[PDB]
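The model presented next includes (+)-pentazocine.
Chain naming here is simple, since letters A, B, ... match the order of the sequence lines and numbering starts at 1 in each. Only this structure's heavy atoms are used, side chains among them; waters, hydrogens and symmetry mates stay out. For ligands, and for the atoms within them, numbers begin at 1 and follow the listed sequence.
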Amino acid sequence: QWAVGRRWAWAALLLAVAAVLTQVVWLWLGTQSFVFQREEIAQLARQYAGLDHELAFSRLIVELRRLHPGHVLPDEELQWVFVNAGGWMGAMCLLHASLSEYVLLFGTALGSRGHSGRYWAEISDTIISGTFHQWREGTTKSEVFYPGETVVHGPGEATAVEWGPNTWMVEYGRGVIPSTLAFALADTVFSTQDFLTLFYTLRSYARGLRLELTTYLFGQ
Amino acid sequence: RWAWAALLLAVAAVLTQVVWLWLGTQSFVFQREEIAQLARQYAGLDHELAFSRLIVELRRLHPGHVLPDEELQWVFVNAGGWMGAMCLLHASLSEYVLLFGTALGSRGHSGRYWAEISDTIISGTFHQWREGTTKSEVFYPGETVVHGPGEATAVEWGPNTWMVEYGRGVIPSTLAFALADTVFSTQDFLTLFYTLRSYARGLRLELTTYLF
Amino acid sequence: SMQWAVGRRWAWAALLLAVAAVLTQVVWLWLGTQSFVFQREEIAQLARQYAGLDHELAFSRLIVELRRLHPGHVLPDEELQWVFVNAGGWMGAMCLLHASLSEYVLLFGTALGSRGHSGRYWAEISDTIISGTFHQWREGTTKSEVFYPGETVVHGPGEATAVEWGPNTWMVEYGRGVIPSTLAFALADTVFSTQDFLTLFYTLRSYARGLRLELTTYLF
Ligand SMILES: CC(C)=CCN1CC[C@]2(C)c3cc(O)ccc3C[C@H]1[C@H]2C
Ligand SMILES: CC(C)=CCN1CC[C@]2(C)c3cc(O)ccc3C[C@H]1[C@H]2C
Ligand SMILES: CC(C)=CCN1CC[C@]2(C)c3cc(O)ccc3C[C@H]1[C@H]2C
């Protein structure tokens with residue numbers, strides 16, 4: 001037998017860790033189990049667009065609790081919380097939250113303009129009421145969306161968003177949600193100082209994570 | 001020399017007792033409905049003429065508690081995403097009075113400070129969207145809107161909106177929300193200095209009035 | 001005799017002092033021939049000729065004419081990129097056509113409109129409107145001015161205004177002064193609001209391209 005040098009063992013362990021971590025991340029990605037399909041949320045919320053946004057939200061929540069038992073928060077853990085980011089302000093009520101998927105009801109009663117953000121997640125907004133103006137990166141034109149339509153904010157893409165008065169939509173997102181949470185709390189920390197809103201957002205996220213962990217370990 | 005270390009605690013307890021008693025024995029210069037009616041009177045006038053008449057009547061009703069014309073100054077306010085301007089008439093650790101507004105209009109956060117705010121509208125519109133609600137409320141010239149302590153709303157001021165404002169609470173707590181966007185969005189340190197100087201002038205006026 | 005003869009070391013030190021004085025005097029003349037590539041309000045007098053048309057054709061023809069007029073000082077079509085611009089609570093987009101330490105030229109605007117704070121930098125900014133509206137609110141007043149297609153907004157050095165842009169606003173912009181002071185404020189929201197570091201990279205790279213073009217033109 002023979003020995004191996006220290007700097008040689010450095011590169012050897014580097015290669016070993018590289019192989020192990022790459023194959024482990026691949027085995028991780030291969031076992032990803034998305035609960036909601038890429039277009040299920042939109043194809044369901046379109047069936048309620050045009051109603052009273054309160055009635056539409058209630059019916060959508062009942063339908064999502066019926067179709068996916070164990071992945072929608074209870075009536076007690078539903079709470080509207082403000083959200084300030086990229087210069088815009090709205091309100092959200094979270095229904096489903098995990099490390100890859102999230103579902104919520106987003107909206108604003110006054111309207112707002114701002115920067116959508118650049119993060120690693122594909123997000124779908126199905127308009128229940130109001131208008132949605134979108135300005136894509138590198139254009140001089142604005143695209144308007146009305147109730148029924150669905151806006152797909154793609155990963156990497158950066159758009160200027162504008163919601164009109166009484167705008168209300170159903171949002172579903174899939175990707176690296178922790179990467180969204182950095183942009184999520186920027187205006188809360190450096191503008192509004194509304195730390196109770198920060199706590200409410202983090203508590204809703206923790207409640208969604210706990211519900212998903214419970215349904216994973218025991219479920220049904 | 002241990003007693004020398006404990007004597008500071010003794011004197012500090014005595015000083016805190018004095019401060020507590022003085023905070024208990026504290027009267028307020030202005031009342032809510034006073035400012036409300038005074039502002040609703042001048043609602044139908046031009047906003048500049050209304051401001052002038054209101055400053056005149058406030059100096060009449062409360063001398064020594066309103067700033068002089070040499071220390072009156074319009075200063076911008078960038079906070080919670082919204083932008084406006086204000087002119088501070090009176091300021092203390094407990095109360096403040098100022099004319100506020102915006103000529104272009106704005107939308108943004110309301111703030112979560114330890115103070116009750118009262119905005120009486122001279123011109124324009126005030127849209128308020130309360131926390132946990134899905135509808136909005138509107139206030140037209142002459143009406144008064146109260147922003148409670150520890151409450152967060154969404155505010156929207158239309159074009160050419162101007163109002164009178166009177167707040168009562170722990171005013172130093174409202175200062176953290178006051179300089180957030182000034183440092184992290186506009187970097188307008190001249191306006192920051194102007195705001196701090198207006199607050200210092202109000203404190204100086206109140207001190208020299210209470211002391212002579 | 002000895003009357004006209006001069007020593008050598010004295011002459012050496014005298015020439016050193018003379019060169020020192022001459023250089024310290026001609027360093028002042030660095031402000032004597034400013035030679036601004038654009039004669040005061042030339043950009044406004046130019047852009048007022050193409051403002052009536054659609055904004056894209058106007059932009060194209062303006063870039064063509066400006067490359068004709070001052071060649072070598074305008075970026076080529078390979079380095080013309082629209083970049084989002086968030087600052088002072090407002091959002092728009094820019095396309096840089098000229099960049100230097102004393103002056104800059106670009107095309108600015110937004111499709112959705114935006115309101116916010118102008119900024120307190122050492123610069124005289126000239127925003128010449130091509131399409132849309134401009135609303136300016138000067139400091140100390142309670143009224144506002146409005147500017148329509150064909151006019152020019154002059155943002156003075158050290159001033160501070162409230163800026164508003166309506167829907168489909170597009171203008172050209174030319175500014176003199178210490179541009180790094182403007183750049184310090186230009187990317188504050190990008191750090192503390194949008195957190196779009198890719199846009200920060202794009203804007204800094206565009207400024208670097210402008211500086212490189214202006215450097216390799218004075219040396220060639
Ligand atoms: C405007 C678009 C495209 C999506 C809005 N949406 C709203 C909810 C969401 C969870 C969020 C939460 C925050 O606390 C701050 C910002 C944002 C932006 C995203 C989500 C990542
Ligand atoms: C938004 C509402 C309801 C009132 C605004 N008003 C404007 C003036 C004021 C002094 C101020 C100053 C700042 O620099 C930042 C925030 C605020 C909130 C209050 C005052 C405490
Ligand atoms: C608003 C006014 C008066 C001029 C706008 N104009 C737009 C382009 C410009 C380069 C810029 C870039 C930023 O990234 C952020 C802010 C600003 C403000 C100036 C320029 C200095």
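- Structurally, the main neighbour of (+)-pentazocine (ligand 2) is the chain that UniProt identifies as Sigma non-opioid intracellular receptor 1.
- Counting only non-hydrogen atoms, chains lying under 4.0 Å from (+)-pentazocine (ligand 2): B.
- The source organism field of the entry for chain B says Homo sapiens.
- With the cut-off at 4.0 Å and only heavy atoms counted, the binding site of (+)-pentazocine (ligand 2) comes to B:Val77, B:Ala79, B:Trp82, B:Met86, B:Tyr96, B:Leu98, B:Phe100, B:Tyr113, B:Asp119, B:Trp157, B:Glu165, B:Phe177, B:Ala178.
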